[PDB]
A.B. asks: 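My questions all concern the structure below.
Chain A is numbered as in the PDB entry; the shown residues are, in order, 145-407. Whatever order the structure lists them in is the order used to number ligands and atoms, beginning at 1. Header says: X-ray crystallography, 2.0 Å.
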Amino acid sequence: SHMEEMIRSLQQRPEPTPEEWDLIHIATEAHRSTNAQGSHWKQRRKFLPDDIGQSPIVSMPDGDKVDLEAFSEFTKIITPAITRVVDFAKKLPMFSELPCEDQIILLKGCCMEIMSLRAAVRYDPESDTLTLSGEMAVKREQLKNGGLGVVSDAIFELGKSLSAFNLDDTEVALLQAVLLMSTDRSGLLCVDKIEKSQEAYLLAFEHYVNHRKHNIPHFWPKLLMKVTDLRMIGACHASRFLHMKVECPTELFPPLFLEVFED
Ligand SMILES: N[C@@H](Cc1cc(I)c(Oc2cc(I)c(O)c(I)c2)c(I)c1)C(=O)O
Ligand SMILES: N[C@@H](Cc1cc(I)c(Oc2ccc(O)c(I)c2)c(I)c1)C(=O)O
């Protein structure tokens, strides 16, 4: 119609359908309601003390040693952070309608990917820190030494790079949904359903990106490349975590931390 043509005049690229907009809205709100500190994170965060995370003392196979005190500080707050990812997932209809066993598998498969993304979008250029759970600002060396090793470098590099993308809450939520609904995991029942859900999120996401009209060229494939980086972060973390478990006693690991990663 004439009105449609008028408001779509400066559009070319496909916009979200009314169905995709519903999908987009639910995911955005699921993220906002489970994202710690919302928009008050820069005012509310406190820095991890500088005398913490300077003393790596416990050996690891790759030679990046672990600072036990720093490791303790990070794990003290990891349980509520993991809980929030589960809270997010539970709010997506396509996730909550899966068999319980599939839900657990998907959560374990994407948990580090999502937490790292949530840290990375709160990279702060002026202090050169990430913010963990919207409350702990950490430096590169601290997060490296407290257990993550080279995984810390990778997350900081992602966070630095994401600054120019100016992602909004919707874009973050949709990245999360895409990470969540992956079938690259063993033991899933509803493979086809999970893939169709990921495809629906991906297409809504591509269309939302069109709607946003970012200033950066080639935005969509650039963001897809970031998904691959998050995947590699997740994989490096899974490997390092196995090593952590070999080196350190169970008592240093919160129960939920072990459960999500012990796979
Ligand atoms: N179900 C899939 C969906 C998915 C497919 C592709 I195709 C893709 O894009 C790339 C780009 C490069 I470069 C790669 O090396 C790889 I591997 C994937 C991405 I991002 C995600 C999944 O959950 O991953
Ligand atoms: N910032 C996120 C939550 C978040 C919390 C923590 I503690 C993080 O550090 C980790 C993660 C895995 C580890 O094995 C170790 I040792 C440290 C990261 I990276 C992210 C949010 O806002 O939800």
A.B. asks: Which macromolecule does ligand 2 make the most contacts with, named the way UniProt names it?
C.D. replies: Thyroid hormone receptor alpha
A.B. asks: Drug name at ligand 2?
C.D. replies: liothyronine
A.B. asks: So out of L-thyroxine, S-rimantadine, PF-06840003, what's the one at ligand 1?
C.D. replies: L-thyroxine
A.B. asks: For liothyronine, which residues make up the site at a heavy-atom cut-off of 4.0 Å?
C.D. replies: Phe215, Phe218, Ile221, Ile222, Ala225, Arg228, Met256, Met259, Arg262, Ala263, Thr275, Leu276, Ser277, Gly290, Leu292, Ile299, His381, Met388, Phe401
A.B. asks: Tell me: protein heavy atom nearest atom 4 (C) of liothyronine, and distance?
C.D. replies: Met259 CB, 4.0 Å
A.B. asks: Taking only heavy atoms of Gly290, which atoms of liothyronine are found under 4.0 Å from at least one of them?
C.D. replies: 16 (I)
A.B. asks: May I ask you to identify the nearest protein heavy atom to atom 18 (C) of liothyronine, giving residue, atom name and distance to one decimal place in Å?
C.D. replies: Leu276 CD2, 3.8 Å
A.B. asks: Within a distance under 4.0 Å of any heavy atom of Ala263, pick out the atoms of liothyronine and give their elements.
C.D. replies: 1 (N)
A.B. asks: Looking only at protein heavy atoms, which one is nearest to atom 7 (I) of liothyronine, and what is the separation?
C.D. replies: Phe218 O, 3.1 Å
A.B. asks: Do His381 and liothyronine have an N or O pair less than 3.5 Å apart?
C.D. replies: yes
A.B. asks: In the PDB record, where does chain A come from, organism-wise?
C.D. replies: Homo sapiens
A.B. asks: Below 4.0 angstrom from a heavy atom of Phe401, which liothyronine atoms are there? Numbered from 1 as shown, please.
C.D. replies: 14 (O)
A.B. asks: Please check whether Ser260 reaches liothyronine - meaning an N/O of the residue sits under 3.5 Å from an N/O of the ligand, judged on distance alone.
C.D. replies: no
A.B. asks: Enumerate residues in chain A that UniProt marks as binding 3,3',5-triiodo-L-thyronine and that sit less than 4.0 Å from liothyronine by heavy atoms.
C.D. replies: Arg228, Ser277
A.B. asks: In chain A, which UniProt domain contains the majority of residues contacting liothyronine?
C.D. replies: NR LBD
A.B. asks: Please could you name the atoms of liothyronine that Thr275 approaches to less than 4.0 Å, counting only its heavy atoms?
C.D. replies: 1 (N)
A.B. asks: Which of the numbered atoms in liothyronine are below 4.0 angstrom from a heavy atom of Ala225?
C.D. replies: 3 (C)
